[PDB]
Student: 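What follows is a single structure, and I will ask about it in a moment.
So that the names make sense, note that chain A is the first sequence line, chain B the second, and so on, each numbered from 1. Note: hydrogens, waters and symmetry copies are ignored here, and every other heavy atom, side chains too, is used. All ligand and atom numbering here is 1-based and tracks the order in the structure.
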Amino acid sequence: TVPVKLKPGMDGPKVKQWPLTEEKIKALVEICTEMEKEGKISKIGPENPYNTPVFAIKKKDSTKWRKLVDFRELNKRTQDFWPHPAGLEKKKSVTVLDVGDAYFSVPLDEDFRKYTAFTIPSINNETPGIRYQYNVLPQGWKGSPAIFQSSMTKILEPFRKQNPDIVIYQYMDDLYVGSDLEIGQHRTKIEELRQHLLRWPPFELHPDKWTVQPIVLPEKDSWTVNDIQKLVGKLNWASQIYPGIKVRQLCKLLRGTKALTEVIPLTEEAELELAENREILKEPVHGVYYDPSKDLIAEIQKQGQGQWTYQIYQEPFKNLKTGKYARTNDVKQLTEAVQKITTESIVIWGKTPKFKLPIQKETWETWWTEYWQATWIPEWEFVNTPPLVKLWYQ
Amino acid sequence: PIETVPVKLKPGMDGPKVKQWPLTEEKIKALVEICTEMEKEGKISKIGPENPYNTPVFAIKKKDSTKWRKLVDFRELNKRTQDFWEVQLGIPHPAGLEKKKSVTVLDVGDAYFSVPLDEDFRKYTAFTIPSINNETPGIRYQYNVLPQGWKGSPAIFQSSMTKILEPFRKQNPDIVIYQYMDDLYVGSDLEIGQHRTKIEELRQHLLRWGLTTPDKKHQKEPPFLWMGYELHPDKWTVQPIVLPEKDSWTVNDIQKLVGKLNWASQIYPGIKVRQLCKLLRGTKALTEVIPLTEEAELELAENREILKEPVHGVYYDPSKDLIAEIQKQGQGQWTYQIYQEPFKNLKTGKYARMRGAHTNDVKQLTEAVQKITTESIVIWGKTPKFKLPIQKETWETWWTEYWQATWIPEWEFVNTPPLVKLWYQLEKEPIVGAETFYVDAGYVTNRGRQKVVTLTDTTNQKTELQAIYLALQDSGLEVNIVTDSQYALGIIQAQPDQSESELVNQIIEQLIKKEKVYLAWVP
Ligand SMILES: Cc1ccnc2c1NC(=O)c1cccnc1N2C1CC1
Ligand SMILES: [Mg+2]
């Protein structure tokens, strides 16, 4: 085992466990009861004051439950360990594989196990609740992938030299296998992997198509005072980014106090300005690169009608990406989107971003696990998106 | 014997070294008696002059007796001792229990004093008993079992108990046991005699570990009063609440009454404190007497009546679905009931939480639904099917116009006034032929009209809503309003129906009147 430690000075996590449904609890019991039999985990005693919340999510294309342990706090308190494929996103199509079970065959430094304590609560606090800690490398922990790195190269060695046509990237419990081969000749080399892996794992992304939704301006037959006003307001907001945007000429049609619905013919001078403003918006602003030293932020907006919008930046307005997601219920969608964005974020930069979700914390904390499927959990906070902003997207 | 839990002092820190304060020869004797007995029984052990650690101890007299009782002040040791797994924070709610035929409660005497202490820690539990002779040194002991007053006792005791109960619970899956501090509640559906018999089995099983308990003649009988409730094996309620009968009320009395009234609302529907609570406005002292307004008197009277006849909560029948029903019982006031059997409440309640300065009934209702949902998962580990006074059409509409996401489990409309609705809606497109008002403390319209007024005791954004307000007043049934206030925009766009701000309310009032209103924003 490897002597792991928390970042200097730091102690272990003591995260409250969000109440669970009788269903999820029963599942977690059947599971932990079993991991206990196989020595992966062990019941702990009162001398352990640490805690990490545990949840149960269902696997996609599987009737079985998966134990999702939210080691977010613990991962922050863990020490750092001392390479992302510049072309994984370039690749035509990538598949994602869960190799979390790889860890369940490697011990966890004895003096560190205390820090992985977690609890299976009981309905209405009628019983004290089952307490365990890990003996093997736990799925979801920052240290597992790291500590298992060696053993992982020693195993991806053959496929890597055998098939140097496919790029393989690992991220925590997941494996991103990319290539440009035919989708049939792909889904194959993938199963050829699931086999070279069983020799020691359940589940296409196509990072090729991932596009940056530009800002758009209404193309109207006729233009009313209102239309122009929405136009100017939006443009003005965007002049913050693309300073070449002018509205001087558009504001001229808006002098006086006309009737909102009054149709306005657009002056020659003005129609030539809009076109320039349109051209400028066709592509993302220049000189905005990804700083590895900065957190990735991801904001979402409910557009309505089952349509959402996101943007990934580090500095305000300086967007690294922008997208849109479309169809359930509001919550299901938002969770599916978060994941979709997290994956992409991983695929492109190798780090999950920090989301700013438009929903009450209690509502989210309540249903998010009903549709979550990823093995990781991004960081997130809850916000109250303004109107104007939402209007300026999609 | 039970397993020993490994204790350690907090990092870096060292054991306590508190000098023993002086003790009357009288107390000295009594202690030497108490401690000599403890050393005979193995709970403590005479130690050597090598141990530097010390904890102060003193004697206390127990009601009824010439005898004294020993008390050890483990504060410092407590400060220097590690943190343990939080002794049960959450308690069950009567409504989550399933009825039993018989329920027996048992007190565990010799609680801590019957559980081993980690050998490496015993050296910190050192205390000294001063001798009466001046030349003679007083005796020093240490603990061998969990000490009363020590930090890790509550948790390590429960830990042990749970382990001790393991087998018995397995051999008896038909018996339910809830552990609470030194008490133990045991229910079963066995026949009277069989139940009493099992109790005796448990009693002996626990005693096999030195844990003593009361025999049938000495056990407390139902209903058991617990955490403010009055529990039967078949039904539950809050313990009898009596309402003061007087003509002089202080702020203290009113606050206590309101507090008492809230407690009851979880079983007694119809309880209201809106008027009593009002009596609290501007109060200067806790002893200030506030006359009961005519409405507060009427309120107290209805609650008093509601509380005259007891009502009981039935227990959870896991075979049946949970049904939840919400009612709007006044502006910002809601009431809900949770039952399985048509109208036999497992529990009730009232939500009055306004999240944010402005809001509408839909938001509020929805938040009430979320609050209830969370509550149920906690008590019954499942969410109830809801009965709501809102129509799907209405809800759905507001849903898709709102920028925030939200969900509502299975729910059916219940035509039970008042039905929640939206009192108004902003046109999606500007109104043709409807005058256009441009506001910026005044306004100007395309039809030539205008008006300007000055305002005092006004905040910046307050004047902003004023403009919009004036415009609504002066406009006709249909009106287009243009503003540069992102602030006012949001507020109104949110389509609130209630607010703290009077101004907002008037605006809402205006808004409800109009046929068509279109609001626009401009930088
Ligand atoms: C205080 C408490 C907490 C949790 N459950 C119970 C109790 N007490 C009871 O009196 C009770 C009453 C009816 C059914 N179960 C009950 N019991 C269960 C143990 C039989
Ligand atoms: Mg203006």
Student: Look up in the PDB entry the name of the chain making most contacts with ligand 1.
Tutor: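 The largest contact count goes to Reverse transcriptase/ribonuclease H.
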Student: Which drug does the model show at ligand 1?
Tutor: nevirapine
Student: Which other chains are in heavy-atom contact (under 4.0 Å) with nevirapine?
Tutor: B
Student: Which residues from the surrounding chains have any heavy atom less than 4.0 Å away from nevirapine?
Tutor: B:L97, B:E98, B:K100, B:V103, B:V176, B:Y178, B:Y185, B:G187, B:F224, B:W226, B:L231, B:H232, B:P233, B:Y315
Student: Any other ligands or ions closer than 4.0 Å to nevirapine?
Tutor: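 I find none.
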Student: Starting from atom 20 (C) of nevirapine, find the nearest protein heavy-atom neighbour and note its residue, name and distance.
Tutor: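 In this structure, atom 20 (C) of nevirapine has B:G187 N, 3.3 Å as its nearest protein heavy atom.
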Student: Quick one: nearest non-hydrogen protein atom to atom 1 (C) of nevirapine, plus distance?
Tutor: B:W226 CD2, 3.8 Å
Student: May I ask you to identify the nearest protein heavy atom to atom 13 (C) of nevirapine, giving residue, atom name and distance to one decimal place in Å?
Tutor: B:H232 O, 3.3 Å
Student: Would you mind checking which non-hydrogen protein atom is closest to atom 16 (C) of nevirapine, with the distance to 0.1 Å?
Tutor: B:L97 CD1, 3.8 Å
Student: Identify the closest protein heavy atom to atom 2 (C) of nevirapine: which residue and atom is it, and at what distance?
Tutor: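 Result: B:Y178 CD2, 3.8 Å.
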